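Overview of a structure with losartan.
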Amino acid sequence: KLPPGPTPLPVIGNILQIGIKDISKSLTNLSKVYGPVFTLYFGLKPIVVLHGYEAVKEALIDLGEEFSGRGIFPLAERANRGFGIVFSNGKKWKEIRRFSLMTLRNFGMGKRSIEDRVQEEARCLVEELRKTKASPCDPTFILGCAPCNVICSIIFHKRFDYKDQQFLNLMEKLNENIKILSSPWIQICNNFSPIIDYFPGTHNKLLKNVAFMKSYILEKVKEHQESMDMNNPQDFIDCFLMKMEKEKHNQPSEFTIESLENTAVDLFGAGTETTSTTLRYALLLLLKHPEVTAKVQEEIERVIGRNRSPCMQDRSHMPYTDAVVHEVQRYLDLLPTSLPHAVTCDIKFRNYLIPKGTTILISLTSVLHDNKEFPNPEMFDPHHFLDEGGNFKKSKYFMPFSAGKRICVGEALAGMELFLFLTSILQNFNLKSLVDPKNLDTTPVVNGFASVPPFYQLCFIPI
Ligand code: HEM
Ligand SMILES: CCCCc1nc(Cl)c(CO)n1Cc1ccc(-c2ccccc2-c2nn[nH]n2)cc1
Ligand SMILES: CCCCc1nc(Cl)c(CO)n1Cc1ccc(-c2ccccc2-c2nn[nH]n2)cc1
Ligand SMILES: [K+]
């Protein structure tokens, strides 16, 4: 049958007993009772939860194809959210994902590499930092721009100026949708009502914000159709139009202008907020543990010097910095339950049978915070990624990107962003707090699965 769970009440399921304030903890509490595989009910739709490395691994990896579905919630439909990569399934997903991974290969869109676009953004980020002239500063915004401009460059070949109103407009919409999408009312509560949309104004705001962004993308597309050069694809859209020309005589086809739009919005969405937030917390953690900072800096000075930019080759000569970046992601656990999965067919799992179409919830927390792979997993300590001689120590428990067939598409892109932005900031600046290090809180604030950092200010002191 289904794995066992705590008894649900007719209709509301186990709903009125979950800590919507911190679902992760709730899951972890239950696991304390029902073990690593347990069942829950969300107003009648069963959801199997997987907790702990073993169960996540043999699910996502060993039965990878079977667990490769994306769980669908009303919201997916309420915000027209299932038409690109993140919220797709079947043929559509496989085709668009696979093509998207090929095109975001470092050298997948022409002679200009992804690393080179990031490298440029690292320089612009540092310039903007300088322009603050060491005065206090809330970097929430700037750190939001950098990644966004990276997605822009990957998709439009254009980067913007931190003050180009056009950019500032896009950011705003992005930021609005993100903040909205992050409300518990929208993520959870509204997904109890499968038929009735209880927040129509909101979904309407979301959709309008989407339309503005799709409409802007469609302008770029036109500009790209007129300037096409079949031997010199320069960005994601180029590649996507070329794949379209190849699918001519393969209709109906997954690749259309509609899907390009939807895929591009997914990319803007997914490639801007999580990185941005990871960087924003990273700076905060570095203010709090300034001996970590000084160690990153000793590595940078010695391996990279100050003449040139950091580049990805340096990361292998910088085991301590790399440990720092890993540990930031492990410690933050920014997507504690990944995104929802669904089984792709009827399956046997351990003692139990899971019927095709059942939502699966992966507790990334339980892997990231394994208190044996990572002693005192709730403390920030880069030593969790270092061996006895201060060499880099990999961990099969390092899944901030999830695992298996759905592993984040931006995994390599996030990794370049973090390493190059962080090392470029710390190459050109020291960090200074207002309040005393040993004072401010670095523990993630969390909501509707939402993980945000407190407000804080700091100064960027030129080196
Ligand atoms: C630190 C930054 C990031 C983290 C921690 C992160 C993490 C994740 C996670 C946990 C998933 C869900 C995997 C699952 O379905 O089980 C995911 C999916 C995804 N991420 Fe990221 N991500 C990050 C940045 C990015 C970036 C920069 C992009 C750029 C394109 C991106 C694009 C995606 C996409 C498209 C998916 C959907 C994959 C699919 O369902 O096939 N992410 N990410
Ligand atoms: C109905 C079509 C209007 C669409 C829309 N475009 C934008 Cl732009 C605005 C700003 O509020 N809006 C309206 C708006 C109205 C109230 C909400 C909202 C805010 C907080 C808590 C619940 C509500 C809500 N949403 N739907 N019903 N009540 C959000 C969007
Ligand atoms: C102006 C456009 C902003 C981005 C955007 N707004 C809308 Cl509505 C969509 C539909 O998915 N999207 C695409 C989307 C894809 C992934 C996310 C995402 C980003 C960081 C952290 C969590 C999520 C998320 N979205 N849903 N569940 N988790 C946000 C937006
Ligand atoms: K209303």
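For chain A, we keep the numbers from the PDB entry: what you see runs 28-490, in order. When reading the values below, keep in mind they use all heavy atoms of this one structure, side chains included, and skip hydrogens, waters and symmetry mates. First listed ligand is number 1; within each ligand, the first listed atom is number 1.
- Losartan, all copies counted: located at ligands 2 and 3.
- Ranked by contacts, the chain bound most extensively to losartan (ligand 3) is, in the PDB entry, Cytochrome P450 2C9.
- Among all non-hydrogen protein atoms, the one lying nearest atom 16 (C) of losartan (ligand 3) is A297 N, 4.1 Å.
- Closest to atom 29 (C) of losartan (ligand 3), if we only count protein heavy atoms, is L208 CD1, 4.2 Å.
- Per-atom contact check: atom 20 (C) of losartan (ligand 3) touches the protein, criterion being a heavy-atom distance below 4.0 Å.
- Of the protein's heavy atoms, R108 NE, 2.6 Å lies nearest to atom 11 (O) of losartan (ligand 3).
- The closest approach between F239 and losartan (ligand 3) stays at or above 4.0 Å for every heavy atom of the residue.
- Of the protein's non-hydrogen atoms, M240 SD, 3.7 Å is the one closest to atom 1 (C) of losartan (ligand 3).
- In terms of protein heavy atoms, atom 15 (C) of losartan (ligand 3) is closest to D293 OD1, 3.8 Å.
- The shortest contact between atom 8 (Cl) of losartan (ligand 3) and any protein heavy atom is with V237 CG2, 3.5 Å.
- Residue, atom and distance of the protein heavy atom nearest to atom 22 (C) of losartan (ligand 3) are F476 CE2, 4.1 Å.
- Organism for chain A, as given in the entry: Homo sapiens.
- Looking at losartan (ligand 3), you won't find any N or O of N236 less than 3.5 Å from one of its N or O atoms.
- Judged by the shortest distance from any of its heavy atoms, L366 lies inside the 4.0 Å radius around the atoms of losartan (ligand 3).
- Counting only non-hydrogen atoms, no residue of chain A annotated by UniProt as heme-binding lies closer than 4.0 Å to losartan (ligand 3).
- For atom 4 (C) of losartan (ligand 3), the nearest non-hydrogen atom of the protein is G296 CA, 3.7 Å.
- With the cut-off at 4.0 Å and only heavy atoms counted, the binding site of losartan (ligand 3) comes to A106, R108, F114, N204, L233, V237, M240, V292, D293, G296, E300, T301, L366.
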Which protein N or O atoms sit under 3.5 Å from any N or O of losartan (ligand 3)? Give each pair with its distance.
from: losartan (ligand 3); atom 1: 6 (N); to: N204; atom 2: ND2; distance (Å): 3.0
from: losartan (ligand 3); atom 1: 11 (O); to: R108; atom 2: NE; distance (Å): 2.6
from: losartan (ligand 3); atom 1: 25 (N); to: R108; atom 2: NH2; distance (Å): 2.3
from: losartan (ligand 3); atom 1: 26 (N); to: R108; atom 2: NH1; distance (Å): 3.1
from: losartan (ligand 3); atom 1: 26 (N); to: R108; atom 2: NH2; distance (Å): 2.2

